[PDB]
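Lettering follows sequence order; numbering is per chain, from 1. As the structure lists them, so they are numbered: ligands from 1, and atoms in each ligand from 1. Values below: all heavy atoms of this structure, side chains included; hydrogens, waters and symmetry mates excluded.
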There are 4 protein chains.
Amino acid sequence: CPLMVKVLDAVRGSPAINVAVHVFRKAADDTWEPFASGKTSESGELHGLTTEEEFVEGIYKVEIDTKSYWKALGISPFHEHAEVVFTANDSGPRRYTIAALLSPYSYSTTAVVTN
Amino acid sequence: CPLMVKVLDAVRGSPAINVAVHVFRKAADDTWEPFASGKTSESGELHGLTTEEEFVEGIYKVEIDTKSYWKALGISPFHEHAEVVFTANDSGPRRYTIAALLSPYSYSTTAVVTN
Amino acid sequence: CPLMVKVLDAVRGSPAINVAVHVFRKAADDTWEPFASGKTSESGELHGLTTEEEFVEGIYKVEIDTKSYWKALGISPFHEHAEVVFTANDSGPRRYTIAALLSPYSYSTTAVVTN
Amino acid sequence: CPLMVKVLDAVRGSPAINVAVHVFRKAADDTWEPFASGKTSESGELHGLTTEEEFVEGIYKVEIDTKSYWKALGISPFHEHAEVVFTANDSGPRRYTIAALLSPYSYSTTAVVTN
Ligand SMILES: O=C(O)c1ccc2nc(-c3cc(Cl)cc(Cl)c3)oc2c1
Ligand SMILES: O=C(O)c1ccc2nc(-c3cc(Cl)cc(Cl)c3)oc2c1
């Protein structure tokens, strides 16, 4: 898969397990079209979101459902979701890892891009 | 000043100056509607975005135009922007500071809610 | 005020109040020697740590007692402290703000150097 | 190995390759005793630092050589090194991943602890 998402929990020191991740791709009419979705595993990783054939160039938005995650842990979350927006494959196909580190009132995200 | 935005640059260790910031409030039809906007000052701060009367409870999105900031510096960015989506709840006297720390391929955001 | 320390809490979305901060300067015998210290205020800030005359170029270490902070809140922490080690270089008029964002199993630190 | 270190570069969007990592363990006389060391691989990971037999309870300090990393990339670093200090195995053996995300004037670190 050319697009992996990894999510970590900064409160418990663990991977963020069973976190819903939605990926959208910007359409011609400037609206967000559903592209792919899934849940993080026991390792906090989400593999198999897409394939090389489906992952075309475009502007993508990765929405991480942090609200449900904190609510299920009984913690009061600030953010509705963690939203990462970027242009992908504009200079040819690349592999992307989008990582996110979550806290109730803060999040950090980084990207690892390889050719 | 119930809502302030502060933006910092992790590459040069400075405030991020003249960065466009747009604030949206979630409408009844599940759409993002413009609420406030401005450009960060020499201190990387954006004050006077809204008034106590205008800033009601609801779901807000703060979009920071980080792509334009890195491009002006001649540094290649990954993200289109940094978007912070959160619920604003009236739970006593509160002031919100949304702070973002930027790098070309990463960003962190936090909220500081004070009385 | 050539050196300021600001500490934020990512769990409760607030300044981190009454946190002990110790500043050390690297000696000629490669040892860490005490330089300044204090406790963060109600705003999570610690001002008046040093004077322009005292704050010379060199290698500094800022140690934030995060373990005592989380323990007082009844939250289990991972780190003993958060230590920020950096070189202070005179390159025109400069003020250093060392900011730290804390979670029980994570921390982020940045420096804001302003003229 | 019960202790893994992963390091990422927030400027280039890549793993931080060939970064020196030194691990110390606090001795009875309050001094830092060398414990283990190594360099991150092409994936930014450092495996095989230690073994279950050698990794006893104690206070450990993981020092990441960020200064050499930025200097070799021709970037001006602020920090001398990224220092992560924590008590390990105090309630029995655990597996620890210490991750760090690097920028020239900032770093973030988190821990993933598993039983
Ligand atoms: O309210 C202020 O003046 C003020 C100052 C310094 C600040 N630093 C931050 C900050 C630091 C890190 Cl390490 C990560 C993140 Cl996400 C944010 O938020 C701030 C606010
Ligand atoms: O254990 C792994 O393989 C692995 C992978 C990707 C990872 N990304 C991070 C990371 C991300 C952010 Cl946004 C902030 C911080 Cl402090 C750390 O930790 C990781 C670990």
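Among the choices tafamidis, etomidate, atenolol, ataluren, the one modelled at ligand 1 is tafamidis.
The chain with the most heavy-atom contacts to tafamidis (ligand 1) in this structure is named in the PDB entry as Transthyretin. Going by heavy atoms, the other chains that come closer than 4.0 Å to tafamidis (ligand 1) are B, C. The set of residues with a heavy atom less than 4.0 Å from tafamidis (ligand 1) is B:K6, B:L8, B:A99, B:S108, B:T109, B:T110, C:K6, C:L8, C:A99, C:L101, C:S108, C:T109, C:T110.
Where the criterion is an N or O separation shorter than 3.5 Å, residue side chain and backbone included, C:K6 meets it with respect to tafamidis (ligand 1). Residues of chain C that UniProt annotates as binding L-thyroxine and that have a non-hydrogen atom under 4.0 Å from tafamidis (ligand 1): C:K6, C:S108.
Close contacts between tafamidis (ligand 1) and B:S108 involve ligand atoms 16 (Cl) [criterion: under 4.0 Å to a heavy atom].
Against a heavy-atom cut-off of under 4.0 Å, C:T109 is close to the following atoms of tafamidis (ligand 1): 13 (Cl).
The protein atom (non-hydrogen) at minimum distance from atom 18 (O) of tafamidis (ligand 1) is B:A99 CB, 3.1 Å. Of the protein's non-hydrogen atoms, C:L101 CB, 4.0 Å is the one closest to atom 12 (C) of tafamidis (ligand 1). From the protein, the heavy atom lying nearest to atom 9 (C) of tafamidis (ligand 1) is C:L8 CD1, 3.8 Å.
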